Protein chains: 2
Amino acid sequence: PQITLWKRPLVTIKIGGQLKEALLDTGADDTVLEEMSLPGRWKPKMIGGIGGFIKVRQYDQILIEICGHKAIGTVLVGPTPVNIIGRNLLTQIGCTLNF
Amino acid sequence: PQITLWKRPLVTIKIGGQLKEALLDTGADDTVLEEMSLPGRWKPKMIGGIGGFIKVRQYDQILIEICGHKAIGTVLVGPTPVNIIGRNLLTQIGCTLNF
Ligand SMILES: Cc1cccc(C)c1OCC(=O)N[C@@H](Cc1ccccc1)[C@@H](O)C[C@H](Cc1ccccc1)NC(=O)[C@H](C(C)C)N1CCCNC1=O
Ligand SMILES: [Cl-]
Ligand SMILES: [Cl-]
Ligand SMILES: [Cl-]
Ligand SMILES: [Cl-]
């Protein structure tokens, strides 16, 4: 697709068999979803946003589908206000900015 | 240009007679810059996201140049950790996401 930016670039993702809404975010280095269960072990990470840093759980090698495009990569889980698809998965699905 | 997302999409902007580096941020509704002076009237605003809320000054009808593309819009100024070009100005330069 080509997605314009007059509204938030929200898309449907699928993770753990569940559909969620998430923001395609070129300003985010990594992908972070609101609290949920994922398989396997997790490692600690902090990420910084507009108001400061939060602690999240880092899960690696997770299956996630973004607008129908299958990806496998790192997904953070924590106290984010919105589900965010960051550059790590945007690059996987072939996303670029164009003007 | 076509900008890939292996690295942060940082570009040079020109604003208030100054050159600065800023992030092209599809996950931002608004444009927010680190402390600087801008001309004209402003009103206070709170923005919140990851890590909570900051207070900013909202300036309207501000001229900016982003990668050689001119635009006008609202610019927020305050203690953001990074200069952010949000959708309100990304639309004006015809910036889209593509995959
Ligand atoms: C930088 C980073 C590293 C690792 C992982 C992640 C997810 C990372 O990104 C975290 C992050 O908050 N990035 C922001 C820009 C960023 C990068 C680096 C440091 C600080 C910020 C931005 O892109 C997304 C984030 C999304 C959001 C969150 C809560 C509510 C609404 C939107 N958007 C916002 O905060 C914007 C701001 C910038 C005007 N925003 C907040 C007011 C309401 N609407 C809105 O759009
Ligand atoms: Cl749109
Ligand atoms: Cl990854
Ligand atoms: Cl605007
Ligand atoms: Cl358009």
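One letter per chain, A onward, in the order of the sequence lines. What you see of chain A is 1-99, where the numbers are those given in the PDB entry. We number chain B the way the PDB entry does; in order, the residues shown are 1-99. This deposition comes from X-ray crystallography, 1.5 Å. These values consider heavy atoms only, across backbone and side chains, with no hydrogens, waters or symmetry-generated copies. In listed order, ligands and their atoms are each counted from 1.
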Novice: Can you point out which of lopinavir, farglitazar, reserpine is the drug at ligand 1?
Specialist: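 That would be lopinavir.
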Novice: Which chain contacts lopinavir the most here, in the terms used by the PDB entry?
Specialist: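 With more contacts than any other chain, that's protease.
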Novice: Which other chains are in heavy-atom contact (under 4.0 Å) with lopinavir?
Specialist: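 The other chains with a heavy atom that near are A, B.
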Novice: Enumerate the atoms of lopinavir whose separation from the nearest heavy atom of A:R8 is less than 4.0 angstrom.
Specialist: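 By the 4.0 Å cutoff, the relevant atoms are 44 (N).
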Novice: Need the lopinavir atom indices (1-based, order shown) with element for anything under 4.0 Å from a heavy-atom of B:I84.
Specialist: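 Lopinavir atoms under the 4.0 Å threshold to B:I84: 15 (C), 16 (C), 21 (C), 38 (C).
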Novice: Who's closest to atom 34 (C) of lopinavir heavy-atom-wise, of A:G48, A:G49, B:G27, B:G49?
Specialist: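 Of the listed residues, B:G27 has the closest heavy atom.
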Novice: Give the residue and atom name of whichever protein heavy atom lies nearest to atom 4 (C) of lopinavir, and the separation in Å to one decimal.
Specialist: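 Nearest neighbour among protein heavy atoms for atom 4 (C) of lopinavir, to 0.1 Å: A:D30 OD2, 3.1 Å.
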Novice: Under 4.0 angstrom from atom 12 (O) of lopinavir, is there any protein heavy atom?
Specialist: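 Under the 4.0 Å cut-off, atom 12 (O) of lopinavir does have protein heavy-atom neighbours.
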Novice: When you look for heavy atoms under 4.0 Å from lopinavir, do you find them on the side chain of B:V32, its backbone, both, or neither?
Specialist: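 For B:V32, only side-chain atoms sit under 4.0 Å from lopinavir.
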Novice: Provide the number and element of each atom of lopinavir under 4.0 Å from a heavy atom of B:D25.
Specialist: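 Selected atoms, number and element: 14 (C), 15 (C), 22 (C), 23 (O).
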Novice: Give the residue and atom name of whichever protein heavy atom lies nearest to atom 28 (C) of lopinavir, and the separation in Å to one decimal.
Specialist: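 For this ligand atom, the closest protein heavy atom is A:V82 CG2, 3.7 Å.
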Novice: Taking non-hydrogen atoms only, is A:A28 closer than 4.0 angstrom to lopinavir via side chain, backbone, both or neither?
Specialist: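 A:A28 to lopinavir: contacts from backbone and side chain alike.
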Novice: Is the closest N or O pair between A:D29 and lopinavir shorter than 3.5 Å?
Specialist: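 No, A:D29 has no N/O under 3.5 Å of an N/O on lopinavir.
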Novice: Can you list, by chain and number, the residues with heavy atoms within 4.0 Å of lopinavir?
Specialist: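 Non-hydrogen contacts come from A:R8, A:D25, A:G27, A:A28, A:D29, A:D30, A:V32, A:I47, A:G48, A:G49, A:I50, A:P81, A:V82, B:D25, B:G27, B:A28, B:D29, B:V32, B:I47, B:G48, B:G49, B:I50, B:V82, B:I84.
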Novice: For each nitrogen or oxygen atom of lopinavir, which protein N/O atoms lie closer than 3.5 Å, and how far apart are they, rounded to 0.1 Å?
Specialist:
residue: lopinavir; atom: 23 (O); partner: A:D25; partner atom: OD1; Å: 2.8
residue: lopinavir; atom: 23 (O); partner: A:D25; partner atom: OD2; Å: 2.7
residue: lopinavir; atom: 23 (O); partner: B:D25; partner atom: OD1; Å: 2.8
residue: lopinavir; atom: 23 (O); partner: B:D25; partner atom: OD2; Å: 2.9
residue: lopinavir; atom: 33 (N); partner: B:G27; partner atom: O; Å: 2.9
residue: lopinavir; atom: 44 (N); partner: B:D29; partner atom: OD2; Å: 2.9
residue: lopinavir; atom: 46 (O); partner: B:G27; partner atom: O; Å: 3.4
residue: lopinavir; atom: 46 (O); partner: B:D29; partner atom: N; Å: 2.8
residue: lopinavir; atom: 46 (O); partner: B:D29; partner atom: OD2; Å: 3.4

